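Bound state: Prestin + salicylic acid.
Numbered from 1 within each chain, the chains take letters A, B, ... in sequence-line order. Whatever order the structure lists ligands and atoms in, that order sets their numbers, starting from 1. Reckoned from all heavy atoms, side chains included, excluding hydrogens, waters and symmetry mates. Technique stated in the header: electron microscopy, 3.7 Å.
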Number of protein chains: 2
Amino acid sequence: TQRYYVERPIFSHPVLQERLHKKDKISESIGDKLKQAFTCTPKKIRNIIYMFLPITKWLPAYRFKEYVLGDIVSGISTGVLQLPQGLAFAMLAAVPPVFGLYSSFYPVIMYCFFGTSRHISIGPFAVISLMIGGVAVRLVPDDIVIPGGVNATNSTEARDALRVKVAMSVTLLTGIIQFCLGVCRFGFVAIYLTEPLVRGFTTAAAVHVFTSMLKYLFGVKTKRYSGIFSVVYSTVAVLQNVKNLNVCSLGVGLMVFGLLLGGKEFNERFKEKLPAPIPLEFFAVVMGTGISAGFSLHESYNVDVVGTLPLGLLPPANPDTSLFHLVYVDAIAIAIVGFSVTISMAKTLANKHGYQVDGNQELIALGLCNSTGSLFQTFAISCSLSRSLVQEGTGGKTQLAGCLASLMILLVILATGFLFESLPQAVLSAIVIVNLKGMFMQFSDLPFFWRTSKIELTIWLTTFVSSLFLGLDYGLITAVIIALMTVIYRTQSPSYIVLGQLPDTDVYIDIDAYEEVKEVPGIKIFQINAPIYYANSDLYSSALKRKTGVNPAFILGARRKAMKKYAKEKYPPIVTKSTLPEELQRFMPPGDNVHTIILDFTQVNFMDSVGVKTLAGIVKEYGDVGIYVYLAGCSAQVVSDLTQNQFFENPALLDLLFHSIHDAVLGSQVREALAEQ
Amino acid sequence: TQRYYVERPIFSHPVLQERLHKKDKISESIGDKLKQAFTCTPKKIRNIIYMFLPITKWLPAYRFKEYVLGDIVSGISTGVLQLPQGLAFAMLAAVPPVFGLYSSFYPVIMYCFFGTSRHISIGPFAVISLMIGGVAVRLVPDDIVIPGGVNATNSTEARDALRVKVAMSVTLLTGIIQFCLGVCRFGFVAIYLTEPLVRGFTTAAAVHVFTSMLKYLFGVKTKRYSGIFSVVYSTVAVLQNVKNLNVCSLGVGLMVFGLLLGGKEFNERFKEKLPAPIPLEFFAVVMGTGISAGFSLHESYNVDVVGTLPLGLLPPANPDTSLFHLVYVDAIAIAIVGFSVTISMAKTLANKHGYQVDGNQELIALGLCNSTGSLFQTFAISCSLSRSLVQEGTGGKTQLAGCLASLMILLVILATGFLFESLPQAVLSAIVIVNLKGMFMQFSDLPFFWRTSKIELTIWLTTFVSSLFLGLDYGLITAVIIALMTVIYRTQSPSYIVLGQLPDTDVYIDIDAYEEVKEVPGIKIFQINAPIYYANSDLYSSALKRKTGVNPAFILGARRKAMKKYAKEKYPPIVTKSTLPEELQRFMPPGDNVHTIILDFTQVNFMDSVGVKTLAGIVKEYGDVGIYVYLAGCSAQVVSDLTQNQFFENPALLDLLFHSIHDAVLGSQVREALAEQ
Ligand SMILES: O=C(O)c1ccccc1O
Ligand SMILES: O=C(O)c1ccccc1O
């Protein structure tokens, strides 16, 4: 009453059409828009040199008073977590532990130059290292001994050198693939990664890492299973060898879990003014090695040790570009998996801080990091999750924290490093699992998605299962394709609702859920909140016939039955509706006198040939019975998809469309009134 | 002016909500609806016995006066086409030619009992026979000779017996798979077969059949290539052996092409009163064998001959159920391909004749036909296209035409059959290719789809290429998945249009295409005709910022720049909008004074967590700038997906939704007026 007064003529498709005229729509430089491109203006080249290389954006516009201290503390904490994590994922890749430090040094600084993100700790990610180890073991199995000229002892250095070479080759291929896709504007694919998809995939990866590193801390040595059901085989191999373990390895492993627990207690025990957000991992690892040395558990009970760490920067060496023909498949796998994880982490942290990250630029930077690392004896690299979260939470606000972490790792790899010699894998195990703590707390997504929407739970659980029992490349591909199939499903089980009319107004709402929307007499309105295409075409027609209670086949059957029982003694010059071929008797079953069916197309986004054909069949059938059909809510896309197909041959069909549900209702009533003459 | 007078109060989501109340919605027998099921009423059991076995629907309700003659003529024509086609596809499957007659006899009558369709000629389909031949050759290669005790000559009968056994095994597995899927209500999958998908897939199959049977009529013998790029290898093998051909084989092959051409001329030459729609194939094959015998081309130039046809019905024999472990993959392939083709043909012919066919019931019937045929030495069976089209066009109106064709084939296989002994493969080649004529004319879909819609052309061409260069199982799977990906694409490139307002009315149309829809001042309206979900979330936000000309990031940047240049001398107690933190100067760039952004959700079918998050970000950003955001066109699904996620924490957010674009516009104007106090 207060507002919303319109009082306009009924806009049938023809009426509204003549009350409009088309604009020129003349585009500028049709076909070849590139003439306005290829300009040498300083601004465009400046933007190009910014976007292909974003280091020139930070150093000029770099605040010093507050960014520096946060960068220092974040860099210290990140490097602290980088060291044992790098060593652990190095030995998880069946390579000498030093290459973990190599991986923690070179790609980090190169990404700091080329990466587009402010909270990411580039480094040796667990799953990428696990794939590297899988291929390295597969091509160089432990029972293949290449006889040299020495024959001194059963030296493993030849095997490890071959493993390093094959790792270098596969990582070069991953870098080349990532660079090619990045320059091919392939970073748009980073959008088919839903939040539950990434959550479940990374959680499954956490389970994989947990089981493998669990094999490590027990002191038991078993075969490195890989492929489908890899985690099952690995964990049953560990359980089959729960016996003959190393008791002191568990002693120190639970002891360093104990120092983490006493670290949470240490936050309440020893802190007055000095302790910063201390990287408890450094004190944990130092205490572990010191306590192990003092208690004499290695020399008395033979705990496994990280091993000799050859000091010195190794010179660059061109890798053998001849293993590609038998490593390319899982090189593709590693590239895709690493890019997906790092871009998801970057996007997730880009919402907390307001800025944005360029996906394909991230692809280019990560690929160049991997390639040049391959040149410098470095296995494959992406964004780890625990380290990146630690760097963000500590307070770093520029990639200089990563640069400082790389500086610390360089200091470890060049000057010092003798102290980390006598270090047990149990400490590394605890470091990794504690880093897995939050990633495992991430199962809280299941009840929340169960309450919120079960399709998101379906994507989450499917991603979890496919990335747990199958591999992780195959799990990722299956999870993405299921994600797209779930979107498809959501258009094949829509909300078929029959619309009533709110009294005295033009608002139309579901009839059988509000008890105040008594439907207009003589009219049935059917609405689908989904596009009408091939995969949802016959479902729509069947639902229309079933739900409205108006079945043309049943009506014709009843009509011929009643007629049988009664007798006991222009170029398309076709009217779309047929009259009633009845003598107006009462033998037929008295149902309703519905005379028009108003299909709602306000929610129908698009149509195709099959949908056009099925509406043609619907209109033809209801016209044969004697029931008009009006398509309400005509849009540009719907009428375009109806005109392109030979639907609007216009016997009268252009007069059926209406621009609103109320427009169709009023048109039907006006036509009925004009028929009562 | 004439109609459409409403004059209602502005229905914001809170206002509309209180003017409604929910109905009870109490469902009947929640959870366990099966208590009302499992009833023994005669009607339900009658419908069950009808639906699992539809032979009891025709014989009772069978008109005799007009159906009989059409059934006779259609059955004669169909059996005529069945004989040479069956023999040709038998020898195309690397089996003795009699099994073509076996395949044309048993499954036809069994489908006549169990099938649900009135225009289908069940029989030895070309592609299914080609897959059968591929597996039979693969498991029994031509260079594997099993030495018996005879050693008389290089007898091929042992090889052919092994080929028959392996064909029987794979066909039993296909029948079992089809029956299991049919009883598992898997016939719903028959809806992911778009018209262009089937058209292109069958056209590619026609190309495959053309090339293979082309190998046949040249009289040249080459290796039967199979796998990926199978057609390329086969045709280059034929071209490599164009030399050393059989000249008389081409003579008779082009001669019977000549008799087909003279048959089109014969329609105008010899027809006064007697000739029915004659099955020209019978006269063609009889004339071919008679002319070849009279002209003495075999005995003088050694043309290839069909071979001895052992007369007599062979007794049933249980097939070896031990090859399954190495035939199951392409048994699955054959089952899926055959079911897809036959269901597409049935659905296509079910629209020309008004009735309907049950997909999963077709699966059950076809599977039982294949299984029992496997019991009776019969290779795999589905619906051929040329024969089915011939049967429909001739005039048959019940599956009794197929039964009559089976009777004719039985007469050929039992009483007669000696006449078909001296028959050349060239006649069979011409029969098959002429049957391919229309299937090749089916390329007319390309320009038509180019004019109509290029997504349907994309599905057509992708299906063609994937089913031509790759295999046909792999081609079908790839084509279907691309079909679903095209549906996905259609929601990632929607029509982002800014809406103006038709003067004096409430109709909102695209602003920059009609020159009469001058937009309401101070308001920008943005509309997407697509759901807002993960795969189309950031595209929507970027398009909203870019297309409306309102960028919050640019506005904040300009605001801080102007401020810098100026200085030359409840539990969520947050207001969603922030006021203007400006001293009202002129240094900032004077653009537009847009104060609200009305997003259109009438076309948005659904949402998820990512879409809810991105609208939250949009609202928060524009509120920080000082611009209101109103979601127009609230629907049940959209508000449900907004309430389930923690979007409606209601600081004031429940007041932003509106039920129509005009409602949002009037609400914005009223609020602005109330602000000018
Ligand atoms: O860095 C890890 O150890 C890790 C591994 C898999 C998943 C998430 C992670 O943080
Ligand atoms: O019957 C055939 O030969 C045929 C083969 C492939 C595709 C369509 C067909 O009609």
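- With heavy atoms closer than 4.0 Å, the chains neighbouring salicylic acid (ligand 1) read A.
- Lab note: chain A, UniProt TM segments from N terminus, heavy atom under 4.0 Å from salicylic acid (ligand 1) -> 1, 3, 5, 10, 12.
- The entry attributes the origin of chain A to Tursiops truncatus.
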